[PDB]
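Structure first, then comments.
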Amino acid sequence: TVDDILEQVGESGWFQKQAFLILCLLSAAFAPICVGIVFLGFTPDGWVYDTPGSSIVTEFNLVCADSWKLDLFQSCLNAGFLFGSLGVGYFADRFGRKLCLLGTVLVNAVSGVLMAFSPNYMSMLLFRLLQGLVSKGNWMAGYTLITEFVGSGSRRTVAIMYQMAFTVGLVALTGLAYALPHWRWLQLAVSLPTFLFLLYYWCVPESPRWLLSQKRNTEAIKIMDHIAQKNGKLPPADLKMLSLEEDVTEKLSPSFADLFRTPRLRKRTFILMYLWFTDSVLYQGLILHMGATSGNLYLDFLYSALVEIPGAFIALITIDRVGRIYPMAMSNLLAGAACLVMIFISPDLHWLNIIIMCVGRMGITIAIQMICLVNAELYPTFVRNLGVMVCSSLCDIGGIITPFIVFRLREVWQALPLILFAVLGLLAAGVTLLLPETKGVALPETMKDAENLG
Ligand SMILES: CN(C)C(=N)NC(=N)N
């Protein structure tokens, strides 16, 4: 199979390290497509806006349809996510993974370049929809590819280090937003590492599991000897692409074969969609809990962006031995019991508000780090379609429902949204962390996992 030859080969070799840096340079490009609107949505105030830079609000005249503008903008981005979920979930299974990712990166690069010189607001909306759709496809495909590519005992290292790469992408976005004469300079500076990825994407291999599922043993042997020659060692071909006698046709029934696995997979994928929805809603509620500003213009966003590194390092230290479901329970209970304190009286002589908000964030970031890792480890039949469906098709619902509901609630009553978010999160997502599946150090992706699971 793949795990035995991966253990017999260098799982963390130097070629693996340069491929890791290349897909990390992919990972830092996912910051502004999801969170960079805060650096593009400055609203300082015949309408005159006093700011040395500019924004979309300064560019247009958003004084009577300002609420109709940005809400529809982010709703169209999340609709682009909604199309892109099913789109890449079937397209990666159809035309493979690596060529899909390369073409999708090229489309992202040309779409960002054309976004930098957007003529009209209709072009703005269309390009934002296409950008969101493509960028979500790129990031999820890259994360799945490198989760599969690394060996058995080093999945978490890769996953947590790429969440760290996303964090340093937000940090570099905050550092870049200091030099903001127009949004165009920011977008043009962001779009250049995508071309760097395209330039240095000629020396990256495919996914051995998906390639082996195509019964192409020759190119599997080719990529194994390429990996061995890159590390400069003779490969101990114990299996020699044995393929475990796999002959099942790829994409036989994506999400249609779950009827035979109803008592064993339906409840698991349901609780996974529940946990994704809870993470998205709680995350957005904690961002809007101050409305992305608290006495500052950039320091609040840095506090909401540099908080991920302590959570990531805590996860990397913690989840090696205790498992991957107890971290879910600890993170969920900590987030709930941290956000529940804001109902109490504000700190008269201390900083309890920022303390509970930062520890709640830490809990939510530990939860989001894991949700992706356990999703990649699970859905053993085909990790692409089902994994994207649980990842993105129940996060776009959070993106379309969560800001409108909490905005209207904070317009009418502060107490209801925080209480409902805390109750739903704490109770339901702590019940959700009650072993959806048995955890194993190995990472196979065959249907034998679905029918056995140890
Ligand atoms: C990257 N995007 C869109 C997030 N909202 N991240 C998140 N922690 N839910």
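Residue numbers run from 1 in the order of the sequence given. First listed ligand is number 1; within each ligand, the first listed atom is number 1.
- What sits at ligand 1 is the drug metformin.
- Contact analysis gives the chain with most pairs under 4.5 Å to metformin as the one the PDB entry calls Solute carrier family 22 member 1.
- Segment by segment, following UniProt's transmembrane list for chain A from the N terminus, the ones with a heavy atom under 4.0 Å from metformin are 1, 5, 7.
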